[PDB]
Structures are given as structure tokens and as C-alpha cells.
Amino acid sequence: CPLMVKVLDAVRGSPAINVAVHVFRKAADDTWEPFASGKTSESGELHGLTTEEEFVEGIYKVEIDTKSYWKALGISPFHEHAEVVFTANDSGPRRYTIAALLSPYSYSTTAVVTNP
Amino acid sequence: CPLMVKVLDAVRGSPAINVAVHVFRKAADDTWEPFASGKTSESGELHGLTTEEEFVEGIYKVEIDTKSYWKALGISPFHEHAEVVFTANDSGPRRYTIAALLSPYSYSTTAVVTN
Amino acid sequence: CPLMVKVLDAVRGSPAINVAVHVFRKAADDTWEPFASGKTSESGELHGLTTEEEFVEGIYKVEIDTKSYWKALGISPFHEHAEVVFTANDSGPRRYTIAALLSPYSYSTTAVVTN
Amino acid sequence: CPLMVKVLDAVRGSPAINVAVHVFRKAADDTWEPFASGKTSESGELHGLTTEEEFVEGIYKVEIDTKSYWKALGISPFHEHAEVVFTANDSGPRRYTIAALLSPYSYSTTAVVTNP
Ligand SMILES: CC1=C(CC(=O)O)c2cc(F)ccc2/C1=C\c1ccc([S@](C)=O)cc1
Ligand SMILES: CC1=C(CC(=O)O)c2cc(F)ccc2/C1=C\c1ccc([S@](C)=O)cc1
């Protein structure tokens, strides 16, 4: 599994469950093409977005739909979403975990990049 | 000053100086329109981006060119840029400070909305 | 002002106001000696903790009473307090800003060391 | 496993390996008694610190030895260590993960608390 997302909720001290995530890849014409999407599980994790074969070199945007997550919990958050934009596989195949920590007016995102 | 940006460097423990920042507003057709830009000062701050007259309710994107910042320090970063997308509202508090803390493989962003 | 503290609230997007802060210096016997204290202002800041004459090289602990802050907002927090421990050095930059971002089950702290 | 530590390195985008961790518990006389210690593994994780039986109600301090970690990588960091202080098991047994993200002049710590 070459592309990982893991989301935590800094208000509840829990995984952030059912968080929608949309992945895009920059096309040759410089537009964002839809690449993959999904929702975090009970554990706050999202696996199986892509395969090594399909996950080629490129610039990727991981959109984490934070506003919808917070709204459902009765909180009016600041951000529309978190977007994490990065070049992937530009030195051969890697495994990426995008880790996000969510508060209503703040978020952090960290990448864990490993060589399999 | 309705909209300020402050950027800090978590590796050097300093303001992040000369970081390019580009602000966009979402247009009716859902495309991003350039709105304002600048570079952070020696205090890591960017002021005078817009005015209260111009800064109307709407969706905005603040783009922070973190990749160029790290490259100028000889450090290989993960992100192309940091991206902060939000709705500006007239209701609640109306001075917006977008704060950002930068590491090569991590960033955090916080909004300070005051009266 | 050799040592400043700024505290932000990540739930409300505001300065963290009236947060008690206690500063300690490590004594020769490795015990913590009270050094300075105060409460954050309406801007979430604490100034005038010490002077350049008094703020000598040594190990310091800045304790931020986050638990009481959350309790006053009716929110159940994880931590007893935030704890920031560091060596003050004369060599490098010498205005220290201890910045802290608070969530109920999370906090971040950053040091801004300037010239 | 009722007490978890997981540490990441925000400079290298990797787990923080061989990070020393010391756990203390507040005694009846208000002193910090040594409770458990260990080092993060290749995955940045530390397991097996304690057992449900030994992990009773109390106030705990998790000290993460960040300064030694950074020094070995040739970086002079700001903090001596991270200390995470919390009441545990004060409403019955829980499982705790203390998650830390490290930069030379900054750190964050989040708790993930689950009911088994
Ligand atoms: C070690 C670690 C993990 C691994 C895990 O949970 O399995 C993690 C996962 C997430 F989804 C979010 C954060 C973390 C984390 C540390 C951490 C990161 C950012 C912050 S922000 C900058 O306040 C604080 C702490
Ligand atoms: C109080 C505060 C300020 C205000 C200031 O210093 O002027 C600030 C400005 C920034 F550009 C970035 C962070 C902070 C901050 C606390 C803080 C925020 C995020 C993190 S991340 C999530 O580790 C950690 C600490």
C-alpha cells in the first residue's frame, strides 16, 4: 500500500472517523485530475487508495474534507479542507503516509516516507 | 488590516523570512482568482494584503511557497506549498491571522480570529 | 524582555486568555525553583516575566496551566499542564518567545529565538 | 498494551528511532516515582512499558528525551525533553497512545485514548 492517510481528532483524543479524502494528480495540461478517494475507517486510517503500478511519478494533492467532519460534530470550523500537495515517486517508488491532526481552527499534516 | 499572515520555522526557531505568499478568492465559476500576494518580512509577517472594503465574504486560499523557502536553506522538503482554504465571514470576529509553522516534512496552520 | 510567552486556543481560534504560567529555574541540587509567573493577557501574551540581568544561562521550565483553562471553558482536557524545558544560552539569539497552541487532547510548543 | 508511545521526526519524514522515554507516576508524598522506561523501535513505537494491573489510577509524566535524539543527528535543539503529564484511569481502565512529532525548535504531543 503506497499511499496512506491517518487522521486524528485533537478535541476528542480519538481517530477522526468517516473523514472524506479526495486525491488528485497534476495532468500534463496542468489541471488537477481525480486520482482516488475514500473515507477513514473506525481507526482513522484510509488504505487501498491506489496500487504501486498506478501511483506513478507526479504532483499529488490530498484533500482532507475537514469542514464536513466538524459540522457533523456540531462545530463550525475555520478551514474548508486540508490540502497536502507534494511530488511523489520522483526518485523511484516510495510509500507515503499522510498524517493529519485536526482542531476546529488548526490542523497539522506530516508525511512519513519510507523506502520499501 | 483584515488579513495577516505569520510564518515560523521549526528547524531554526526563527521567523520564516522572505516566504512568498499568494492569496486567491474563489470566483463564481469555482476557479481561483489571484487576490493579493507578498513576501514575509524579517519578523516572518505579511501585512497590507487587502483592505476591509475589498475583503468581502467568500472562500479564500492562502498559498505559502514553502518548497522555495527550504530549497534556499539547502533542505529537501516534502510539500510543494502550504495551502490554507477558508470562508471569510462578516458575523464573528473580523481580523484574520493565518499562522503557519514549517518543518521540512510537516506543517501546521492555525487561524486567529479576533475583535 | 528576554522571555515572552504566547498561547493560542485551537478550538476557538483565539488567544488563550487568563492562562496561568509558572516559570522555574533548575537549582544546583536539581530541584525546580520558582522564578516568575503571570497570566496571559487578552492577546494571549505574557510579558515582563524577567529581566536580562536576572535571566542568566541555566535550565528553565515554563509550565502552562492548560487544565484550568479548559475546565473554565467546560471542556474536558487530557493534560495536567503543558511543560516547556530548555537551556537558556548567551551565545545565539537572546529574545526567547515560547509559543504554545492548545487543543483539549493535544498541544504544540515552539521556540522563537531572535536577535 | 495500555500505554503506547509513538514518535515521528518532522525533519526527516520518518519515525524517530531509538528515542529514550521515561515514565513517572506521582506518589502519595507528591514526588515523581520511576514507573517504566524504554526506547522507540525502528517504527518509532514503544510498547510493553506496563501492564493493565500495574497501570493504576494516577498522575503520570511521560518524558521523551528529545535533546539526546537531536544531538546524535548533529542538530542542537531547543528543548531538553518533551514532558507529557496527565491523569490516567480516573474513570476506569483506558488505553493511551502518546503521539509526538519532533522538530529541532518545536514539538507537538497528542493523546489517543480508547476504551477497551
Ligand atoms: C506519532 C504520530 C502519529 C502516528 C499514529 O498516530 O499512528 C500521528 C497520526 C496522525 F494522524 C496525526 C499525528 C500523529 C503523530 C504525532 C503528532 C503529529 C502532529 C501534531 S500537531 C503538529 O499538533 C502532534 C502530534
Ligand atoms: C502562539 C503562537 C504564534 C504567535 C506568535 O508567536 O506570534 C504562532 C505563529 C506561527 F506562525 C506559528 C505558530 C504559532 C504559535 C503556536 C504554535 C502553533 C502551531 C504549532 S504546531 C501545531 O507544532 C505549535 C505552536
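The order of the sequence lines fixes the chain letters, beginning with A. Numbers in chain A track the PDB entry; the residues on display, in order, are 10-125. Residue numbering for chain B follows the PDB entry, covering 10-124 in order. Residues displayed in chain C correspond, in order, to the PDB entry positions 10-124. Residue numbering in chain D adheres to the PDB entry, whereby the residues present occupy positions 10-125 in order. Atoms within a ligand are numbered from 1 in the order they appear, just like the ligands themselves.
The drug or drug candidate at ligand 2, out of sutezolid, quinidine, norgestrel, sulindac, is sulindac. Looking only at contacts, the largest set of contacts to sulindac (ligand 2) comes from what UniProt names Transthyretin.
Contact chains for sulindac (ligand 2) (heavy atom under 4.0 Å, other chains only): B, C, D.
Residue C:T119 places a heavy atom under 4.0 Å from sulindac (ligand 2). Nearby ligands and ions (under 4.0 Å from sulindac (ligand 2)): ligand 1 (sulindac). Closest to atom 3 (C) of sulindac (ligand 2), if we only count protein heavy atoms, is C:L17 CD1, 4.0 Å. Nearest protein heavy-atom neighbour of atom 7 (O) of sulindac (ligand 2): B:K15 CE, 2.9 Å. At the top of the distance list for atom 15 (C) of sulindac (ligand 2), counting protein heavy atoms only, stands C:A108 CB, 3.7 Å.
Within a heavy-atom distance under 4.0 Å, sulindac (ligand 2) reaches the following UniProt L-thyroxine-binding residues of chain C: C:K15, C:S117. When only non-hydrogen protein atoms are considered, atom 24 (C) of sulindac (ligand 2) lies nearest to C:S117 OG, 2.2 Å.
Listed by number with element, the atoms of sulindac (ligand 2) under 4.0 angstrom from any heavy atom of D:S115 are 23 (O). When heavy-atom distances to sulindac (ligand 2) are checked against a 4.0 Å cut-off, B:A19 has no atom that comes that close, whether in backbone or side chain.
For atom 18 (C) of sulindac (ligand 2), the closest non-hydrogen atom on the protein side is C:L110 CB, 3.7 Å.
In the PDB entry, the organism given for chain C is Homo sapiens. Binding site of sulindac (ligand 2), heavy atoms within 4.0 Å: B:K15, B:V16, B:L17, B:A108, B:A109, B:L110, B:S117, C:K15, C:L17, C:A108, C:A109, C:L110, C:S117, C:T119, D:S115.
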